[PDB]
Amino acid sequence: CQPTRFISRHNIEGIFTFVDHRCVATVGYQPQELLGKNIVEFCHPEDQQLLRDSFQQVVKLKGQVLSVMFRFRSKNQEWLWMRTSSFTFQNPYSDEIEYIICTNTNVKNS
Amino acid sequence: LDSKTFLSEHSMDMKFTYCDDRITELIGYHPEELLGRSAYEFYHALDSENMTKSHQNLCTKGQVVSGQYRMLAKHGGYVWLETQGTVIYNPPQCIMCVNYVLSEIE
Ligand SMILES: CS(=O)(=O)c1ccc(Oc2cc(F)cc(C#N)c2)c2c1[C@H](O)C(F)(F)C2
């Protein structure tokens, strides 16, 4: 069985700037319920800081993968465990600000 | 009543741009640590869809009473509050919130 997972892109603050529509079946929100909001707003109070420090670190790691586990509030208001694997991308023909590519998977905490 | 009422100001995306110091002796937060952050970071999960609805009412009507919601206190537990929100437009520039603390802590 394939895990449910969706792709998103964020700015360095954490704001969703792109959402893969596989999110409907993963967390039950439509893409536009995600777009423009920070990922920290769907996150469990106990895990918000770790997620903030994750986004801060992802940019210092030379575009290598950073993984984080946190509880994400589905459109049902249920806490789902997510593993978000993230990395920076920065097109080297330019000097535009790097952004963050995330893969977001519903995993088991056990 | 009065010593349980504080003002906050928000951008149209719900981030704090200002908060009365009074929020310290009631909920624990320092105002400075509040700015740049979505109010959304702070609602209890069970009030979240309701606040979203009030926010929609607030943007469409221009003034709303939130009805009852819980805010994650600074040092654990949740405080109940009721807020009156008012959009200040100029000639939407910001949201003024009058925030009344219903309960003590948890
Ligand atoms: C929905 S409402 O009543 O206008 C409202 C209430 C609290 C609101 O923010 C606040 C202010 C506060 F002191 C504590 C909390 C919490 N938790 C949220 C907001 C609103 C508006 O959405 C807003 F954008 F201005 C932000």
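Heads up: chain A is whatever sequence line comes first, chain B the next one, etc. Since chain A takes its numbers from the PDB entry, the residues it shows come out as 358-467. Here chain B follows the PDB entry, giving residues 239-329, 334-348 in order. Values below: all heavy atoms of this structure, side chains included; hydrogens, waters and symmetry mates excluded. Counting convention: from 1, in listed order, for ligands and their atoms alike.
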Exercise. What is ligand 1 bound to here, taking the chain with most contacts and naming it as UniProt does?
Worked result: Endothelial PAS domain-containing protein 1
Exercise. What is the name of the drug located at ligand 1?
Worked result: PT2385
For this session: Give the letters of all other chains that come under 4.0 Å from PT2385 (ligand 1) at a heavy atom.
Result: B
Problem set entry | B/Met289: numbered PT2385 (ligand 1) atoms lying under 4.0 Å from its heavy atoms | 6 (C)
Problem set entry | Nearest neighbour of atom 22 (O) of PT2385 (ligand 1) from the list B/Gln301, B/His293, B/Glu247, B/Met338, on a heavy-atom basis | B/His293
Problem set entry | PT2385 (ligand 1) contact on B/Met252 by region, counting heavy-atom pairs under 4.0 Å | both
Problem set entry | Source of chain B according to the entry | Homo sapiens
For this session: Using a strict 4.0 Å cut-off to heavy atoms of B/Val302, name the atoms of PT2385 (ligand 1) that fall inside it.
Result: 2 (S), 3 (O), 4 (O)
Exercise. Listed by chain and number, which residues of other chains have a heavy atom closer than 4.0 Å to any atom of PT2385 (ligand 1)?
Worked result: B/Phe244, B/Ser246, B/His248, B/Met252, B/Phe254, B/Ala277, B/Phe280, B/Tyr281, B/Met289, B/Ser292, B/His293, B/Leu296, B/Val302, B/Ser304, B/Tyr307, B/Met309, B/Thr321, B/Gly323, B/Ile337, B/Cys339, B/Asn341
Report all N/O contacts between PT2385 (ligand 1) and the protein shorter than 3.5 Å as a table of atom names and distances to 0.1 Å; if there are none, say 'none'.
| unit_1 | atom_1 | unit_2 | atom_2 | d |
| --- | --- | --- | --- | --- |
| PT2385 (ligand 1) | 22 (O) | B/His293 | ND1 | 2.6 |

